[PDB]
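Entry with GDC-0980: notes follow.
Using the PDB entry numbers, chain A covers 143-253, 267-322, 357-435, 460-489, 497-530, 544-967, 981-1091, in order. Whatever order the structure lists them in is the order used to number ligands and atoms, beginning at 1. Atom set for the values below is all heavy atoms of this structure, side chains included, hydrogens, waters and symmetry mates excluded.
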Amino acid sequence: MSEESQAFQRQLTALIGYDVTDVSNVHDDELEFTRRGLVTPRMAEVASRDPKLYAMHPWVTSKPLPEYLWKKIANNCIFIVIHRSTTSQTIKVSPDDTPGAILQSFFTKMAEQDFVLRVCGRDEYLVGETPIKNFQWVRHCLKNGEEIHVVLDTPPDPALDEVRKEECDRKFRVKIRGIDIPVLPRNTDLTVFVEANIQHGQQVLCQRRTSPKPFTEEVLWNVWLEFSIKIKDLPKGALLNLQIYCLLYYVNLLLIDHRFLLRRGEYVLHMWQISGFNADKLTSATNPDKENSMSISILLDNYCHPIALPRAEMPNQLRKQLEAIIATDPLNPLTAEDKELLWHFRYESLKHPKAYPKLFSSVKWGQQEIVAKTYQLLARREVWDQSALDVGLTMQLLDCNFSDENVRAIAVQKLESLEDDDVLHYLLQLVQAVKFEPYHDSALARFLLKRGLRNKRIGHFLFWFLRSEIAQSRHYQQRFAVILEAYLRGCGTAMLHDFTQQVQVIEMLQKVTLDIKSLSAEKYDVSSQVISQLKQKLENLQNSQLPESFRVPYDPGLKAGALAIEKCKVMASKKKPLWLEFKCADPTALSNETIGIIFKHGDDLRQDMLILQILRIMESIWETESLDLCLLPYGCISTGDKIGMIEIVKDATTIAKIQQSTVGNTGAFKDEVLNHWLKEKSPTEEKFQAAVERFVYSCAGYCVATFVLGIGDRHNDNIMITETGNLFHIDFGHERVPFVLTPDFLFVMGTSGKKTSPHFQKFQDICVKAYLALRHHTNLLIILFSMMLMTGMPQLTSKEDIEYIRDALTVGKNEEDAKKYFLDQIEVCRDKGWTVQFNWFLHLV
Ligand SMILES: Cc1c(CN2CCN(C(=O)[C@H](C)O)CC2)sc2c(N3CCOCC3)nc(-c3cnc(N)nc3)nc12
């Protein structure tokens, strides 16, 4: 390759945080084949993208303006303040005007044609043919009662986006030779055997074991394990799952490779251990640590290529049984009797898209004759292709329960029709979904590829999402690094530049973030000594190695300029994270405000990303129902290991320490303090009324959203409010109360203990409207939740843990019983009062 082609690839590694040209931990060519395989899709999308539109990345939507946002326009007239930067002239606009119509009517109303609008202070353009009402930045202003300011400047040069050119009927069997391990320290010497499973989609097809023996650094068996399943009956994407019990270690080997060739030869596999189910147990990856990790030596010998090739109406009562089956929630288990009905009737089942996950779970994947039929069945997809895209339904086909490439591919087919507004909504969960893919190159992996390359805002978050995992998952980091590399070769030198800047800042500051944790420990107090250094270090960073500006990873519209070293401070949290503030690099930025970002170590910010994302989902669901719950899913991006950044919400304080308004160094509580905090924080009386109004919506929001996610019981310390009346939860790492509805909250709604008011009626009433809107999405919520547990939490009950949300969403009831159920929850919160809050700190010491 060229000498530069290598200076290039090292650049790629520093951005990735992993070296994908490194072949030390692979027993095959799957990953390199996948690098090569992705070259076409990469090149295809770069080739098909309009350079101009790709350069300006307009953020748009096809959805109708919600009703709550139409009213906020009581004229059919929108006002745009256009600033050429000396005199700015406002304009009265129709909701249907394209950018071009206003750029046209802006030169008319001034009593060469290639000038564009910009959102003052952000890298957001209003451009392309879309009605201004369909632009996100605009809907964002209307929701917040905010003026639309646009400075007029020149379109960005697409040259900057330039991309560098490129360059048998036998029963299956496996011999288990034995297991070598460098050291075994534990306490009680025990017996150790090996459990071999044939797996397809978390379904175990066949299982065998070895004779247990004394546990030693090396154990030899030299045993052939003969399975029942015949070689031809092995489905593509079938795993050999090898586990050691006494369950200590596990490792996986794909039985059919990326060429559809059956696996043969000798294998020494380095395994994963366990801490005293979960998506990591699925990985075709081997433990990179060859020094400290159990290994297994096995043998495969068998024959070549197994490949893939190309009237009765139900009595009513059976059709009624079938229909009862399809209706059940995603978590509801299928009997043998259930599956046989679903199967025998496959042709009927095909007319019901909501039945596909159950129907495909009714397949014997261990039988080539049956799989073949399944494909014949898939061949006539008419009903599936024409159906309305159901995201929750599509998402079910991408989980750990489906290992078939054709099954998963149809789900991806249906995603193809998602426009960027919605891909952004689901990007994080789809990327996590990559983990359930049997092979590194996948239809889904390629769709994330195209979508990121086609759009910079998608590309931006794709990048960070992938880098999050690559840094923190030895399990999935190899496959992700290949996908990230694929992306980076297509995104343009412009973004390639941004990422590097972003990356430099993040390392530099993650460095500081840890060094400050190490010196100081939990008083929890902040040494004047610690503080002076925190300034010492940061100041050197500002001068010595500064990337003069950078994109804010959770808000890529915004470029942070230089730090304000004076407003920076260590946090008194328990982990001692940094509280940082930057100047905005955009001088045309309208406000004088800095950009606060909190850098922290010791939380898994990955669970927090996932949680914040589901919140952004509940919002979009309500938007479709014309609801606004005034949530505040602040930006949070995971980066390291127990490390990442978080967006500072301006003017927010903790509800706790609003309690501390009068005293604060013990506990207890007092009603009306909060409403007192509000009058005090409102400039006018009209703004105080608005604050009480906002707090009612935002409180109703976190009440419903939190209850469903089963995170509803939180310390006052984790709840925050703005000086503007907006309430929001934080720190989502991980008797009871359904949620937090306290007398201090209630007091602000105008009631103190049992009684009722005009605002308090407004609250209950919203929750119920909000609550029932979610229930319409239960399956969507259930799948998202379950996937979040598998990919995002530690080892879970992929039975019990998932269920909370089933009971929570009142699956199976009618909207009537439900409305009551939730209202009772409010009563339950009125009955605890301060009892729940009061208990934290009891065990503190
Ligand atoms: C402990 C804490 C705050 C209260 N602190 C009060 C004291 N303080 C000080 O600086 C004073 C001077 O001592 C800092 C803030 S504010 C805040 C916060 N905010 C900042 C504002 O915008 C919204 C988010 N996030 C997280 C947090 C931590 N971890 C995770 N995973 N998620 C969220 N913790 C906190």
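- The name UniProt gives to the main binding partner of GDC-0980 (ligand 1) in this structure is Phosphatidylinositol 4,5-bisphosphate 3-kinase catalytic subunit gamma isoform.
- Residues of chain A near GDC-0980 (ligand 1) cluster mainly in UniProt domain PI3K/PI4K catalytic.
- Near GDC-0980 (ligand 1), within 4.0 Å on a heavy-atom basis, the structure shows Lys802, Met804, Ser806, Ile831, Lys833, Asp836, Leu838, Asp841, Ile879, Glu880, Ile881, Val882, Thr887, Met953, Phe961, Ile963, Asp964.
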